[PDB]
Amino acid sequence: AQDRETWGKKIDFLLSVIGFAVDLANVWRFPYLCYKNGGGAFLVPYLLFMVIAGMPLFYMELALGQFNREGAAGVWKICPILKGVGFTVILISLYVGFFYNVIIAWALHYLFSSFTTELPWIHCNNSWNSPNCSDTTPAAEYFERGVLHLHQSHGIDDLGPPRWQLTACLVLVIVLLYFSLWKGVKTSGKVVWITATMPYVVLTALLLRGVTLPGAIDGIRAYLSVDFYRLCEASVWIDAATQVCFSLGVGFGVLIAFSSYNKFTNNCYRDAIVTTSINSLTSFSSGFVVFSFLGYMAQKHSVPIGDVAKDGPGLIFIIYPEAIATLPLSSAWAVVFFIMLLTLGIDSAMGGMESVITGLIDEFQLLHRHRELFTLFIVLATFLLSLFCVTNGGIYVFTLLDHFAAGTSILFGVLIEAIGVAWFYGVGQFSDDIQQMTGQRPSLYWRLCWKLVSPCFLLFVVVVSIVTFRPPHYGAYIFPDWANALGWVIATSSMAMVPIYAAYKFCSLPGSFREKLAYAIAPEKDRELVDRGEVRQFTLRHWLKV
Ligand SMILES: CC(C)CCC[C@@H](C)[C@H]1CC[C@H]2[C@@H]3CC=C4C[C@@H](OC(=O)CCC(=O)O)CC[C@]4(C)[C@H]3CC[C@]12C
Ligand SMILES: CC(C)CCC[C@@H](C)[C@H]1CC[C@H]2[C@@H]3CC=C4C[C@@H](O)CC[C@]4(C)[C@H]3CC[C@]12C
Ligand SMILES: CC(C)CCC[C@@H](C)[C@H]1CC[C@H]2[C@@H]3CC=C4C[C@@H](O)CC[C@]4(C)[C@H]3CC[C@]12C
Ligand SMILES: CC(C)CCC[C@@H](C)[C@H]1CC[C@H]2[C@@H]3CC=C4C[C@@H](O)CC[C@]4(C)[C@H]3CC[C@]12C
Ligand SMILES: COC(=O)[C@H]1[C@@H](OC(=O)c2ccccc2)C[C@@H]2CC[C@H]1N2C
Ligand SMILES: [Cl-]
Ligand code: NA
């Protein structure tokens, strides 16, 4: 049995986790959400849900991965019946790889288009521009008709052939991903030294550029404006809970995979605290750049900052490029901005594909000795299934996947994972494992958060996400009913692995229905006890313990 590889340095693991957590959305979505829900007031619920349910779940995932020394699927030897959860998260990661890499392809396309003295999104005396342009705006028109070519597609049912420019950019992104992941963590941990730190350098450059622009200080003030009376709204609290759930990186199996390569005696508690703090602070600080630029644009157009900020995939390819085109040395700033976008997306894509590859390789030993070939297969499958999003109507497929690929699926996966780790396995045994690893047993606060607060919070978020579901849309396009049905099928194909694997495991285990249950819910480490008839999970005391 080949010894499992470990991170060459700890800075490798920390930067991998930070690069995965810090992505395009986290840098450009969170501050906009904060502004839209009371600005600084939105930090009250967010932090709260970070203290009681976010940090505990991050810590749980890291500790579980580190102790069990396996990926998302192999980690579930603590409760075999729930092992499908692993596959669920893996599937989600795989699904997110079929559309997320197209964002990096768009960023690469804009980067190659930025090496010119005349940026192609400053005016609309171009072949791709409709007569209606009047400074839809030139930047939005360029994005939609010169890069995506949406005007040539009538909807998700009229995708058309893949675009060769976008296909070439996707090929470049895919090659980068493969050569970043083919050798394991020994190369990924060194690639994150560049892809996880360049975004901060470019963000500092853009922050120093923006604050000096006219009208940027007004945008910053609007960002930091505190409206506590907005906290009486349930929408603010629901948005905070949803943002905490979807901004941490839990539910994809990536934290488990990353921590599975950590030394057993590593301190996952400090790692969780540090990484969560860095991710949250990065998301908060990116708001200063976002809203300096938004306030500058608002002053230029003489409109409220709320009107400038659009919502959608092209929020980073329409508004910020438009602001950059108006700066001195606009070409250099555009190149820097799109390099930052590439480095923000590439590390997250690497983290997701690492989750997929680690989980599947750990599950099946046939792929253990061949990681290069399996990485090539996974990457080529991602590329081939990513070709639907680079078609003429590729924004519609991208929107469908972005809405349904990791929505309620992530929340359900994290909920079932928390239940399995805190109830089926027990917070007592999890705490004993953490004490064995780090030497310090989790305090009562962590145990209570894992056992009671986190499951209730995740169940509430799942329920509100299902109840307040709104079908996806792009611009004036209304997705057809069959498109919504296909999206729900995609969302449920991840989550159905839990019941499917539960049924398969229950039927596979030999014995009566009391032997099957005992061997399915009891940890594999307790096998001897289960043989004598000493199942902890069969005692009410186990379930009521904290
Ligand atoms: C969005 C902007 C304002 C950035 C601020 C966010 C982070 C800096 C916050 C979000 C969640 C917070 C954490 C939530 C929970 C805890 C556990 C807490 O520990 C305890 O409650 C005691 C238990 C024990 O010591 O065993 C120590 C602070 C810490 C790490 C918090 C540190 C600060 C964090 C990372
Ligand atoms: C395992 C699977 C479900 C994960 C997601 C893969 C993606 C890339 C797949 C799954 C279902 C696919 C869609 C199935 C139906 C159609 C209608 C057809 O007229 C054009 C292609 C289009 C719009 C496909 C686009 C790509 C698609 C969204
Ligand atoms: C011009 C400046 C801002 C660019 C540099 C910013 C980058 C390199 C900085 C910003 C935040 C930093 C991280 C913050 C704290 C830690 C925890 C420590 O235990 C290991 C290093 C690590 C993980 C840092 C690595 C470098 C880092 C990612
Ligand atoms: C539409 C595409 C992208 C979906 C890919 C799904 C993944 C999870 C599938 C595709 C091929 C599969 C492998 C095919 C061959 C074997 C050998 C056999 O002993 C079962 C396990 C194993 C190793 C499978 C594991 C799961 C696997 C890697
Ligand atoms: C698309 O989903 C994401 O963007 C997630 C994540 O991305 C992926 O999980 C992923 C998976 C496969 C391919 C590409 C990206 C990065 C950060 C952390 C959680 C969230 N994001 C804030
Ligand atoms: Cl966040
Ligand atoms: Na990232």
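Per the PDB entry, chain A residues shown: 57-191, 210-620, in order. Just so you know, ligand 1 is whichever comes first in the structure, and atom 1 is the first atom listed for that ligand.
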Exercise for review: Name which of benzylpenicillin, rolipram, abacavir, cocaine is found at ligand 5.
Suggested key: cocaine
Point to revise | Main partner chain, cocaine (ligand 5), name from UniProt | key: Sodium-dependent dopamine transporter
Exercise for review: List the residue and atom at the covalent anchor point of cocaine (ligand 5), or write none.
Suggested key: none
Review point. Cocaine (ligand 5) versus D79, non-hydrogen atoms closer than 4.0 Å: side chain, backbone, both, neither?
Key: side chain
Exercise for review: With heavy atoms of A77 as the reference, note each atom of cocaine (ligand 5) found under 4.0 Å away.
Suggested key: 17 (C), 18 (C), 22 (C)
Exercise for review: Could you check which of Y156, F154, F76 puts a non-hydrogen atom nearest to atom 8 (C) of cocaine (ligand 5)?
Suggested key: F76
Practice item. Among all protein heavy atoms, pick the one closest to atom 10 (C) of cocaine (ligand 5) and tell me residue, atom and distance. Key: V152 CG1, 3.4 Å
Check your understanding: Considering only heavy atoms, which residues of chain A annotated by UniProt as Na(+)-binding lie under 4.0 Å from cocaine (ligand 5)?
Key -> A77, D79, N82, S422
Review point. Which of the UniProt-annotated residues for chloride binding in chain A lie within 4.0 Å of cocaine (ligand 5), counting only non-hydrogen atoms?
Key: none
Exercise for review: Below 4.0 angstrom from a heavy atom of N82, which cocaine (ligand 5) atoms are there? Numbered from 1 as shown, please.
Suggested key: 22 (C)
Point to revise | UniProt TM segment numbers of chain A near cocaine (ligand 5) (heavy atom, under 4.0 Å) | key: 1, 3, 6, 8
Practice item. Give, by chain and number, all residues and nucleotides of other chains with a heavy atom within 4.0 Å of cocaine (ligand 5). Key: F76, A77, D79, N82, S149, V152, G153, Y156, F320, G323, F326, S422, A423, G426
For a distance cut-off of 3.5 Å, show me each N or O of cocaine (ligand 5) paired with any protein N or O, plus the separation.
{"residue": "cocaine (ligand 5)", "atom": "4 (O)", "partner": "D79", "partner atom": "OD2", "Å": "3.2"}
{"residue": "cocaine (ligand 5)", "atom": "21 (N)", "partner": "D79", "partner atom": "OD1", "Å": "3.3"}
{"residue": "cocaine (ligand 5)", "atom": "21 (N)", "partner": "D79", "partner atom": "OD2", "Å": "3.4"}

